[PDB]
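Residue numbers count from 1 along this sequence. Atoms within each ligand, like the ligands themselves, are counted from 1 in listed order.
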Amino acid sequence: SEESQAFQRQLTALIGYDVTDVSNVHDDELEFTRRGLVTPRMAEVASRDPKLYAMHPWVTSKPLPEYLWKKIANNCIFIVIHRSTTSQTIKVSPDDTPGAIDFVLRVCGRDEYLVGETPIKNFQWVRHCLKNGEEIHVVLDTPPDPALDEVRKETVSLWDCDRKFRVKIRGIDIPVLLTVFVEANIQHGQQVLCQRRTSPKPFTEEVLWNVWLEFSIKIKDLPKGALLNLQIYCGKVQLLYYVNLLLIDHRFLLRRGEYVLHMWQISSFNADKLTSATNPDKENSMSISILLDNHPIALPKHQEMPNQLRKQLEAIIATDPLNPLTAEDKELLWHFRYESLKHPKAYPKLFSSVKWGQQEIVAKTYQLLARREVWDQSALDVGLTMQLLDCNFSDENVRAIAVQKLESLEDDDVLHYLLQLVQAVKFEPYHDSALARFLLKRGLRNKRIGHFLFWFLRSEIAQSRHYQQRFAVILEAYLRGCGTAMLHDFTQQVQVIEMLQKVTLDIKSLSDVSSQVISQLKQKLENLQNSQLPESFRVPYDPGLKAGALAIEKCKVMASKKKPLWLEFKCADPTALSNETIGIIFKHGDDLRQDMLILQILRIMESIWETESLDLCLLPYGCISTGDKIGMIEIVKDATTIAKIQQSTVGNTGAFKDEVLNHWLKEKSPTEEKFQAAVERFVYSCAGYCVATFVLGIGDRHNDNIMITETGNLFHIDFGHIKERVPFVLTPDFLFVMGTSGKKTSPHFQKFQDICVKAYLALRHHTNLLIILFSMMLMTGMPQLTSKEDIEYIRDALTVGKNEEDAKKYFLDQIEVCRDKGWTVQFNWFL
Ligand SMILES: C[C@H](Nc1ncnc2[nH]cnc12)c1cc2ccc(F)cc2nc1-c1ccccn1
């Protein structure tokens, strides 16, 4: 009580939503989940190694790629250890442990340690340094005190009921406003098990029906996770409002009695359509009034084919995740249940062949899951696992076997999928789920995962009404186990970004170009420096870096329609070898969640390419959405837009020219050596992004949204946005670097083409994994009333089904479409 109340307030501020609030609930599920997440929290806290926890070595067991091997001769890497003033340099082999070479080796500039029983080759920092052509540097330091990571102390059976399910629609009530009807769907996954409508009435501000809607499905046939989905159409109709209610609640009980549900408006696959959350805006939202009536009813717990058929089944099984199953296929999968079970890849389809509205079939399915010996022993396929976690699956036991598989992921692989795994919580029927606990116990076991877990959850709590409650309960559970140092750390991070938000927002209210504002910005910054800015905060998109003093001199504001703040900070770590500022852009008016998702997919593309010894030098800069249309972005040093390079050597904004970009590169390359290093990095980076963006359907890019660094690294930006078209941006100037003009070939255009194809085929070897991630991004991140149309773009993009010849040839057509078109799309912007 004495501490519990100030502590829960610490938690409310950190979360930015009161988890102990019952203003907007009709049951106690949220609270039940708070209580329920205590066990797995306490287990993970109990079993975590204090030493490795506090230092969080960021390691991988991946093989050191072929391209990074070729950046070391005679098998000897150099690590320069720092005493105080002087620094000695030790020669080592990739295999050497940090033991091998009271103290602990910490990275200079960063809270990042080279510790534990892993070879230096396998540390991500060492792998990072090797990549960029940088040398490894560490300070002999005391291991940080584990003490600092201390944690504060803390019926009638359903299957004996043959009645048909029914629900009364008393009426709807809207304070401020055609005819209208209520449709009531019993859903499972996306599957509509059974549907009923009311008679149409006139759409007045209050509409009463008093009718029983009788469903064809029996109570015993209600599956756990079935949503009563209530929707309101008007009229050739149009969906105006929706709400959902779980028919079987957290305790397995059948949901009974009176409900006044506040509904959501509409602006069609969308995670938002699935939430059990009610609209909290009661004074405006549309309400529906229902009665579920029947004593409490509880769901129990569940204590050699023909050649052409097998082949027909092997075809079905092999098809892609977005390939529709006909009933004919469903019937075949289910009849051959046990054959289908021998193939982990058949699982998604197989469990999409189950009649979830039929209780004996569901029991047979669970008997099937009891026997998943092959599943259990198979190699982890994340593509296949993620499929089982999407909106097509609402059965806990099905979904649980996906999570079961995610357990074998090393901490490096979690980070790779964390955002998308945080987003897949939107598909869980219930607040407490095996997926939320996986996230939780994995966040609690590794500070790096823990860090981003916080921010990914906070991103959603701050802007999703459809899921802030759930995600909030989950984040609290993390916060109650992360440890005092992280709490304090988070408190610092939140305070800063809330101060910087103010200034960004306040300046945007004082607004295409600025005069009096440039010192009105610097006024407010100077204020915070000594008003309440902490001397150091952690960089949310890069937790290894603490930022400190503001470089007011360097801070500016874009001459844009959204006045983002360009901010710079001195690094708080005295032992940083450089004094490069830390560069954060703060922006309002774009939805940076969409950016988070594209940047993360890009990172996944890189690690795929890594497994085929392909580096394409992408630049997935950091980006965290922190609130309602607001967030932060990593400033990439020594970087300029392609647009501004054109507007400098050509000047006027009308025309364009080819030489300028190669000319700008030579000017930024001191020696010829580094100029050729750039044209190479440019061919790769151009390749990486041409492939990356064609697949994701975002290649047609205004070229003030493509940037290049002074070492020739091309990189796309500002993905939150999205006259004839172009599959991607490969403009005459890009081609001029590659020594080509109109129609020609060169030792670099042949390489670029070469690379693009390898890059492209390497993505297709993960057709499914990409199809699911893309599928999920759109549903959870791009509320664009996403259709089958939109999702099925990536299939065509990855030319599914085609052999590698036709695929190779397809992409080279695209390369040429761009050649043929030149400046047409770019010039067409200004009109
Ligand atoms: C468009 C460009 N974008 C980025 N620049 C650097 N790092 C980044 N990371 C993601 N986007 C950028 C940019 C953004 C700005 C935002 C605020 C501001 F005050 C100034 C900005 N300036 C640039 C910019 C434009 C042309 C050349 C260099 N920087």
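The drug or drug candidate found at ligand 1 is AMG 319. Most-contacted chain for AMG 319 (ligand 1) in this structure, per UniProt: Phosphatidylinositol 4,5-bisphosphate 3-kinase catalytic subunit gamma isoform.
With the cut-off at 4.0 Å and only heavy atoms counted, the binding site of AMG 319 (ligand 1) comes to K556, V557, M558, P564, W566, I585, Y621, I633, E634, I635, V636, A639, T640, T641, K644, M707, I717.
The entry models no covalent bond from AMG 319 (ligand 1) to a chain. The UniProt domain of chain A holding most residues in contact with AMG 319 (ligand 1) is PI3K/PI4K catalytic.
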